[PDB]
> 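Before we start, here is the structure in question, set down as structure tokens.
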Number of protein chains: 2
Amino acid sequence: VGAXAXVXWXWXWXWX
Amino acid sequence: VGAXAXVXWXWXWXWX
Ligand SMILES: [K+]
Ligand SMILES: [K+]
């Protein structure tokens, strides 16, 4: 569900 | 690591 690869959103992990 | 919650590139869950 969405567009890309993994879970959640952005790229990487956590927040900033 | 990265920017945003959950692992990987983009938005949602899975790949495509
Ligand atoms: K961080
Ligand atoms: K992510």
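By convention here, the chains are lettered A, B, ... following the listed order of sequence lines. So for chain A, numbering is the PDB entry's, and the shown residues are 1-16, in order. To match the PDB entry, the residue numbers of chain B are left as they are there, and the shown ones run 1-16. Non-standard residue? Parent letter or X, and its extra atoms don't count.
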> I keep forgetting: which drug shows up at chain A?
gramicidin
> In this deposit, what name was assigned to chain A?
gramicidin A
